[PDB]
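Structure containing avibactam (bound form).
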Amino acid sequence: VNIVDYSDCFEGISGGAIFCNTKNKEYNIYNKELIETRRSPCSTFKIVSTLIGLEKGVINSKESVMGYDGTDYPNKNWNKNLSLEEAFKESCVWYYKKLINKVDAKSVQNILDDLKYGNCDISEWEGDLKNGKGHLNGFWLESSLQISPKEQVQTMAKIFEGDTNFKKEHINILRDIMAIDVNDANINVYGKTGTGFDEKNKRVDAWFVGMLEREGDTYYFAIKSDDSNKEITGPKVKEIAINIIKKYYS
Ligand SMILES: *C(=O)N1C[C@H](NOS(=O)(=O)O)CC[C@H]1C(N)=O
C-alpha cells in the first residue's frame, strides 16, 4: 500500500484515486480518507446492472434491445430502440431503469450481497424522488445505495478476474462495451463515468471506475471527485483519470 500524490493531475479539483494490481498486491492510493468514503455510485452502477440483466436473461448480448416506446427525451440518442452497447455508452437512463425493474428485489439484494457492493442498500428502490425526475431515478442515483472507491475497485477486480459466478460470456460482453480509446495502443483502458449531486453535503459525486491492462499487468481503478463545483462531472473526472494513467501507468 503506497500513498501517492496525484494532485497535479487533478488540476485543483478535490478528489482521490486508487489503483490496485492484484497480481503483486500493489495498492496505490491518493487521498485515503476519500477513497474509503461510501457515496452513491450513480451511473457507474451500470457495470453491475448490465451483469444482472444478462444473468437474469432480460438482455442477452451487446445487441439486445429493451423495447423503446417512443417517449421524447432531450438526448437524441435515447429516442430510439438502442442496443445494450449504445445504451451503456450513452448512459441511457430509461433503458437501464426498464431493465432493472424487470428484476425482483431479492435477486438484486443477493447479487449485491455476493459482490460486497458497498452498503448493499436497495431500500429506496424508486430513488431520490424529491428531485422531481420521477421514473428517471433509482436506488443507485443519489439514493440509498452507497459504495466507496476502494469497494468499487474490489468489486471490479472480483468480476473481471473471474471470481464471481457471472458467466464468462457475460463478463466479456461487459468488457467489450466498457472499452475506451485513449489514443495509446499500448494500454487497454475500460471504464464507466458517473455524475450526481449530493444535495445534503452540496458536493458532486463524479466518478470514473474501470481497469487498465498494460503488457501482463492489470490495474483496477476508481477516480472520484467530491468537489463543490457543479461543473465537475464524470466526464471531467475521466479526463483526470486518463491523465493519471498516461503519466504514471504507461
Ligand atoms: C449517471 O451517472 N447518470 C446518467 C447520465 N450519465 O452520466 S455520466 O455522463 O456521468 O455517465 C447522466 C447523469 C446521471 C444521471 N443524472 O442519472
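By the numbers in the PDB entry, the shown part of chain A spans 60-309. First listed ligand is number 1; within each ligand, the first listed atom is number 1. Computation of the quantities below employed the complete heavy-atom set of this structure, encompassing side-chain atoms and omitting hydrogens, waters and symmetry-equivalent molecules. Technique stated in the header: X-ray crystallography, 1.7 Å.
- Bound to avibactam (bound form) with the most contacts here is the chain that the PDB entry lists as Beta-lactamase.
- Put simply, atom 1 (C) of avibactam (bound form) has protein non-hydrogen atoms near it, under 4.0 Å away.
- Contacts of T254 with avibactam (bound form), taken as heavy-atom pairs under 4.0 Å, involve both backbone and side chain.
- Within avibactam (bound form), the atoms closer than 4.0 Å to a non-hydrogen atom of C101 are 2 (O), numbered from 1 in the order shown.
- As stated in the entry, the source of chain A is Clostridioides difficile.
- For avibactam (bound form) and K192, the ligand atoms under 4.0 Å from any heavy atom of the residue are 16 (N).
- Taking every non-hydrogen atom of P294 and a distance limit under 4.0 Å, the qualifying atoms of avibactam (bound form) come out as 9 (O), 10 (O).
- Checking only distances, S102 does come within under 3.5 Å of avibactam (bound form), N or O to N or O.
- The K251 neighbourhood of avibactam (bound form) comprises atoms 11 (O), with distances under 4.0 Å to a heavy atom of that residue.
- Against a heavy-atom cut-off of under 4.0 Å, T252 is close to the following atoms of avibactam (bound form): 8 (S), 9 (O), 10 (O), 11 (O).
- There is a covalent bond between avibactam (bound form) and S102 OG.
- Counting heavy atoms within 4.0 Å, the binding site of avibactam (bound form) comprises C101, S102, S150, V152, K192, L200, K251, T252, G253, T254, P294.
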